[PDB]
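Record below includes fedratinib.
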Amino acid sequence: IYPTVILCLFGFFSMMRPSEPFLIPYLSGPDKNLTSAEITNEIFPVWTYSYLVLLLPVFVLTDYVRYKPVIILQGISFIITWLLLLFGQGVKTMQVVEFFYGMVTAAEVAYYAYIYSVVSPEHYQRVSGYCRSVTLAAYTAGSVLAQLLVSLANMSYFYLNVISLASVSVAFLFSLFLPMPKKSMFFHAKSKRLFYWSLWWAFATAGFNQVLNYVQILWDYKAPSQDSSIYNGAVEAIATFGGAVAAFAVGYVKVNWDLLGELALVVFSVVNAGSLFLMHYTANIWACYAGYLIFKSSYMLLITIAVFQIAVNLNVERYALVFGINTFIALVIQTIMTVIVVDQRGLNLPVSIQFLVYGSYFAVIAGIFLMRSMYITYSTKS
Ligand SMILES: Cc1cnc(Nc2ccc(OCCN3CCCC3)cc2)nc1Nc1cccc(S(=O)(=O)NC(C)(C)C)c1
């Protein structure tokens with residue numbers, strides 16, 4: 001009745017942010033005057049470190065304090081992040097906003113744990129799917145709004161950032177009076193083949209997060225971002241719509257998975273690597289846009305399948321206890337690969353080269369997972 005509507009409106013107004021599609025074009029513009037090397041190699045890598053640091057503390061804080069204060073914390077973190085994007089000028093200030101965005105992403109778990117904590121035991125997946133769909137629709141509508149406003153009204157990215165601050169303010173106001181849960185999930189004390197799909201999910205989502213962290217900066221290299229020649233809002237709206245319809249198509253089609261799940265996963269990883277190589281090698285911005293859509297759709301198929309083979313035979317209380325470990329492994333892998341690749345203390349690689357590395361990473365994951373299926377040679381050779 002009431003708590004679900006409050007959470008739905010909070011999620012919609014939090015996710016609806018026209019600033020995010022045009023972030024690096026706004027950061028690498030006259031408003032901030034930040035070179036691409038600075039954002040690529042000093043500012044953005046801080047997000048992965050902040051998220052990895054804050055994952056587990058936020059994970060236990062959500063459980064301990066009954067999931068509402070962490071939602072208000074995410075709201076005030078949104079407030080601070082977008083206020084400091086609106087009124088911040090400096091590499092250190094942008095590292096701070098990256099830390100606060102990592103805090104936002106870490107605290108996002110509360111928005112979904114509160115759902116299980118407050119809804120009736122009769123069903124959880126229905127309201128969880130509605131909440132996820134409302135967040136996705138909010139993001140898509142925000143991207144389309146940003147694209148339309150930029151294209152028609154000639155409206156600067158400062159005004160879009162203002163709109164995002166207003167939206168997150170309304171979201172925080174809505175999260176102010178969420179009813180309190182009366183129970184926690186595992187505030188008490190705490191198959192082997194699941195290790196396969198856990199590794200699949202961890203590696204694929206580490207690659208996806210690291211790719212998304214720098215897709216826009218790659219778009220910046222092909223065409224002048226500070227000009228109006230870019231189409232980030234429409235492109236990212238189409239990308240998230242394609243990802244959503246792709247994740248739904250996996251449920252629309254009901255095929256056996258215990259037989260060809262690994263084959264589907266390796267095929268999708270191969271397509272991911274191909275899309276990344278298309279992004280890296282091409283010279284046209286539209287080819288990179290199409291590669292982004294293809295990669296997002298293929299990764300969404302891959303992760304929908306991987307989450308199915310983890311969640312079919314898992315308890316609802318163990319869903320969180322397993323996905324927390326899986327995303328911790330994913331963040332460990334992403335932080336290691338970022339320190340080796342992106343961070344200035346490592347190789348200081350421009351985004352014009354990072355995407356070859358990402359495509360090779362996906363290709364190597366697919367190849368090694370196929371090679372682990374080495375039992376083909378032993379049985380066939382008799
Ligand atoms: C306003 C702002 C401030 N700091 C950041 N840092 C940042 C940029 C790109 C990132 O890659 C996404 C990695 N994973 C993070 C969550 C899902 C994907 C992660 C962090 N992004 C910002 N906007 C933004 C730009 C491009 C993509 C994203 S997002 O994918 O992470 N946003 C959601 C779709 C998850 C809502 C957000």
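Here, residue 1 is the first one in the sequence, and each next residue gets the next number. Whatever order the structure lists them in is the order used to number ligands and atoms, beginning at 1.
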Partner of fedratinib (ligand 1) with greatest heavy-atom contacts, name from the PDB entry: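 With more contacts than any other chain, that's Thiamine transporter 2.
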UniProt-numbered TM segments of chain A near fedratinib (ligand 1) (heavy atom under 4.0 Å):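 Segments 1, 2, 3, 4, 5, 7, UniProt numbering, each with a heavy atom under 4.0 Å.
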Source organism, chain A, as recorded in the entry: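 Going by the entry: Homo sapiens.
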Non-hydrogen contacts within 4.0 Å of fedratinib (ligand 1):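 Heavy-atom neighbours of fedratinib (ligand 1): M15, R17, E20, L23, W47, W82, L85, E98, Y101, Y139, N209, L212, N213, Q216.
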